[PDB]
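In this PDB entry you will find bortezomib (bound form).
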Amino acid sequence: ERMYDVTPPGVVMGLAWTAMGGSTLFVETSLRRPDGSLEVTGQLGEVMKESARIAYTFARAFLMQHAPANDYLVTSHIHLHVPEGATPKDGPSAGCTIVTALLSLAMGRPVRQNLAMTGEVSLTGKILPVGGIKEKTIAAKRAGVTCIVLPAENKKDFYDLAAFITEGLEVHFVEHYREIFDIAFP
Ligand SMILES: *[B]([O])([O])[C]([C][C]([C])[C])[N]C(=O)[C]([C]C1=[C][C]=[C][C]=[C]1)[N]C(=O)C1=[C]N=[C][C]=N1
């Protein structure tokens, strides 16, 4: 019950919400070898555009430590898109999602399947709490997500849900992006 059954490299499942409830969505990225650049589409608001800029800066620094020979994030012209195209989107909570998509694309490695994540990323890779955890978790469960990555400071929201919703979910409460990296790329 979602746009991708199997995600290719550069595609990651995120989580959103409104007053009506949660939903899943996908961050898509692609690149062409020609300093690189990042072009963003998907009717993104300013806060979400800034989060893409932070994620891009941090992903470049993270990849330089983890794979110094990989120059894809420093030299390529990268495009990031969040379908559906006509739907307005905003907020900082896809920061981790965007970092992961860029690293996935640069490494040519898909992320673990049936994984979704939500979490704001700071410039140094700290993972900050987000809103809508109850709604997002319900939406993840309905979409068949079995592994969900959440900010550690949102534990209380997760445990406000009835047990039958969260039972057997592999839940990871994280404080730093490097924990997310190890989950997405085992
Ligand atoms: B996250 O909660 O910040 C998320 C980021 C990304 C996945 C879109 N954004 C949202 O959930 C927003 C609500 C919002 C949160 C925080 C600040 C401002 C706005 N939701 C949406 O953008 C949305 C929801 N459903 C469908 C389409 N778009």
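We number chain A the way the PDB entry does; in order, the residues shown are 754-787, 797-948. Start at 1 and go down the list; that is how both ligands and their atoms are numbered.
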Okay, contact question: for bortezomib (bound form, ligand 1), which chain racks up the most heavy-atom pairs under 4.5 Å? Name from UniProt, please. Lon protease homolog, mitochondrial
Number the atoms of bortezomib (bound form, ligand 1) from 1 as they appear, then name those within less than 4.0 Å of a heavy atom of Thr849, with their elements. 27 (C)
Which residue and atom, if any, share a covalent bond with bortezomib (bound form, ligand 1) in this structure? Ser855 OG
Taking the minimum heavy-atom distance to atom 19 (C) of bortezomib (bound form, ligand 1), which of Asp852, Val892, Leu806 ranks first? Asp852
Measuring from the heavy atoms of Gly894, does anything fall under 4.0 Å of bortezomib (bound form, ligand 1)? no
Nearest heavy atom to atom 3 (O) of bortezomib (bound form, ligand 1): which of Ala769, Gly807, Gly767, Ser855 does it belong to? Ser855
Say whether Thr880, considering both its backbone and side-chain N or O atoms, lies within less than 3.5 Å of an N or O atom on bortezomib (bound form, ligand 1). no
Identity and separation of the nearest protein heavy atom to atom 20 (N) of bortezomib (bound form, ligand 1): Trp770 O, 3.0 Å
Atoms of bortezomib (bound form, ligand 1) less than 4.0 Å from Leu778 heavy atoms? 7 (C)
Identity and separation of the nearest protein heavy atom to atom 18 (C) of bortezomib (bound form, ligand 1): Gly853 CA, 3.7 Å
Which residue supplies the protein heavy atom nearest to atom 26 (C) of bortezomib (bound form, ligand 1), what is that atom called, and how far is it? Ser776 OG, 4.1 Å
With a heavy-atom distance limit of 4.0 Å, tell me whether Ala856 approaches bortezomib (bound form, ligand 1) through its side chain, its backbone, both, or neither. both
Taking 4.0 angstrom as the limit and counting only heavy atoms of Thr771, give me the atoms of bortezomib (bound form, ligand 1) inside it, by number and element. 24 (C), 25 (N)
Close approach of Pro850 to bortezomib (bound form, ligand 1), heavy atoms, under 4.0 angstrom: yes
Measuring from non-hydrogen atoms of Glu882 to any atom of bortezomib (bound form, ligand 1), is the shortest distance under 4.0 Å? no
Could you check which UniProt domain of chain A holds most residues near bortezomib (bound form, ligand 1)? Thanks! Lon proteolytic
What is the nearest residue to bortezomib (bound form, ligand 1) among those UniProt marks as active site in chain A, and what is the least heavy-atom distance to 1 Å? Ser855, 1 Å
Bortezomib (bound form, ligand 1) contact on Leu768 by region, counting heavy-atom pairs under 4.0 Å: backbone
Please list the residues near bortezomib (bound form, ligand 1), using 4.0 Å as the heavy-atom limit. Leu768, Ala769, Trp770, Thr771, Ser776, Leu778, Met810, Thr849, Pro850, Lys851, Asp852, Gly853, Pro854, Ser855, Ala856, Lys898
